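Model: Phospholipase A2 VRV-PL-VIIIa / ligand atenolol.
Note that chain A carries the PDB entry numbering, so the residues on display, from first to last, are 1-14, 16-56, 59, 61, 67-86, 88-122, 124-131, 133. Read the numbers this way: they start at 1 and go in the same order the structure lists the ligands and their atoms.
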Amino acid sequence: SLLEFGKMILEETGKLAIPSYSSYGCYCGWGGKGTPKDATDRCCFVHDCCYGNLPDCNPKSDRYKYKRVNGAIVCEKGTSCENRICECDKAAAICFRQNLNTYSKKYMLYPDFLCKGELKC
Ligand SMILES: CC(C)NC[C@@H](O)COc1ccc(CC(N)=O)cc1
């Protein structure tokens, strides 16, 4: 759920999900339309797509358990949905960490009309 995802993000990047990754670019937060603005925005695009592969799961509210094995994020056994949701979140958290260097404040609160383009999962 958002609770685990938010904790994962903070632990990985030192940034709080809200407001750092909740209104960034075209896909971090709202999701919607267009072409991803940068690497961080692409991480959210892929994350949206990952959730998109789980039509009968409820990623925002279904809680999962995860632990740290000397740095590495390890998803613990739960229901199949919980396992898959955790893998999606884990990938996003790592992706955010991998692209922290290019994270740009100019993409925060990015306006909707500037999100144009075509990009299928
Ligand atoms: C706690 C606050 C007030 N509530 C807003 C809450 O809905 C969190 O906002 C969100 C919801 C969903 C997303 C996209 C994602 N992380 O997959 C990013 C940010």
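The residues of other chains having a heavy atom under 4.0 Å from atenolol (ligand 1) are listed as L2, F5, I19, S23, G30, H48, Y52.
In summary, the atoms of atenolol (ligand 1) found under 4.0 Å from a heavy atom of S23, numbered by their order in the structure, are 19 (C). Given atom 10 (C) of atenolol (ligand 1), the protein heavy atom at minimum distance is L2 CD2, 4.6 Å. Intersecting the UniProt Ca(2+)-binding annotation for chain A with heavy-atom proximity to atenolol (ligand 1) (under 4.0 Å) gives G30. For atom 18 (C) of atenolol (ligand 1), a protein heavy-atom neighbour is present inside the 4.0 Å cut-off. Checking the UniProt active-site residues of chain A against atenolol (ligand 1), the nearest by heavy atoms (to 1 Å) is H48, 3 Å.
For atenolol (ligand 1), the atoms sitting less than 4.0 Å from at least one non-hydrogen atom of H48 are 17 (O), numbered in the order shown with element in parentheses.
Atom 15 (C) of atenolol (ligand 1) has its closest protein heavy atom at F5 CE2, 3.9 Å. At the top of the distance list for atom 13 (C) of atenolol (ligand 1), counting protein heavy atoms only, stands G30 O, 3.9 Å. Contact atoms of atenolol (ligand 1) toward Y52: 17 (O) (distance under 4.0 Å to a heavy atom of the residue). The protein atom (non-hydrogen) at minimum distance from atom 2 (C) of atenolol (ligand 1) is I19 CD1, 3.9 Å.
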